[PDB]
Amino acid sequence: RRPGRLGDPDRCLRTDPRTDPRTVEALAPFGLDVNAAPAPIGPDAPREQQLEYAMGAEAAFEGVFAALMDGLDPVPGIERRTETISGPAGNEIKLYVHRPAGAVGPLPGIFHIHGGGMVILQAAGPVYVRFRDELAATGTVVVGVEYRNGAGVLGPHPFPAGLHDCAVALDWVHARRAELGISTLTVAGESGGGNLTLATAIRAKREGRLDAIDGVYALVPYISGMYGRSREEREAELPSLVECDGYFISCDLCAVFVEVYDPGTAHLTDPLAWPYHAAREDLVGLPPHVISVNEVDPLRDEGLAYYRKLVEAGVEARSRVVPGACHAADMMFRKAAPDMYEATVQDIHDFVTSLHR
Ligand SMILES: Cc1cc(=O)oc2cc(O)ccc12
């Protein structure tokens, strides 16, 4: 009958007949081809224990991402620099700059915001280094921002610390397009980085900084903040949150990460924390957007809802789905599913080359 865990509650990535089997075998060594056990902590646990759990999850997932990137030949012909800038709280923000060696003029720029639920993972990590090199290789200038995290080794900094860091870093890059070899400038990211990407555009309109943004490309955005709702509430509003729950990511662990990001959840309905809540007023006048969602991702339906909201607001919006893809499959499986990876890289390349100032 119904797809995924709507039809059979025990279905997992391996047993869903829609999953790209290459990705199932790629996740098998880590035990990530099946549903994780119910998370042993919840959103009402003491914050000290939530931050401990997040620190562990970060160390484990950084291990998995390193192993998924191991065995690849490096992307050839990329020049890299690290710049350090002052953040708004006296923090240092690192910028990782990638460009094709020997470019003869300006190229489209990509301001890249990494995922990890705005709480964990480093832009310095091999999965994001690889993604920035791959985008640079197509003929772009990529700047990866290392913002404050809600948790883990770059934490703990609640909302809106990371968002403010992204703002300051975007302004720093915009101010320097000529010396950085940048034509147009696109803000892009996946999952939590998709969240900060969409919020960065909403915030830039409010603050009169839209000149910094020619385009927005959000992949598998993590934007509803609704992971802690009941199975029935989730199914009523965003059925993918039940259909594909536990497929690589789990609503129970995300619900912890929501509390970690915004302790006391005073921002649960604030579109700068959870862009799914954007009003028409928040989206009118925003520059061109792409929303890329993944077929067997529990976040699929909140990404589709955001595309619909952008269209309703008159934004020059596009959307695509990656068939057979779990959450972020198109950025994790460079080894096991290179065609899926290449297709997303090329779609982003095509988008940024389409823009004019
Ligand atoms: C790797 C990872 C990053 C995140 O922000 O959230 C998650 C949630 C999960 O259930 C499983 C993995 C992650």
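All residue numbers refer to positions in the sequence shown, counting from 1. Basis for what follows: all heavy atoms, side chains included, without hydrogens, waters or symmetry-related copies. Atoms within each ligand, like the ligands themselves, are counted from 1 in listed order.
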**Report entry** ligand 1: main contacting chain per the PDB entry
**Finding:** Acetyl esterase/lipase
**Report entry** Drug choice at ligand 1 - ethyl 3-aminobenzoate, R-ethopropazine, ARM210, BMS-564929, 4-methylumbelliferone
**Finding:** 4-methylumbelliferone
Report task. Define the binding site of 4-methylumbelliferone (ligand 1) with a non-hydrogen cut-off of 4.0 Å. Result -> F61, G116, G117, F248, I249, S250, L253, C254, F257
Query raised in the report: Which residue owns the protein heavy atom closest to atom 1 (C) of 4-methylumbelliferone (ligand 1), what's the atom, and how far is it?
Result: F61 CG, 3.4 Å
Report task. Could you list the atoms of 4-methylumbelliferone (ligand 1) found under 4.0 angstrom from a heavy atom of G117? Result -> 5 (O)
Requested in this report: Below 4.0 angstrom from a heavy atom of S250, which 4-methylumbelliferone (ligand 1) atoms are there? Numbered from 1 as shown, please.
Outcome: 9 (C), 10 (O)
Query raised in the report: Which atoms of 4-methylumbelliferone (ligand 1) are found less than 4.0 Å from any heavy atom of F248?
Result: 11 (C)
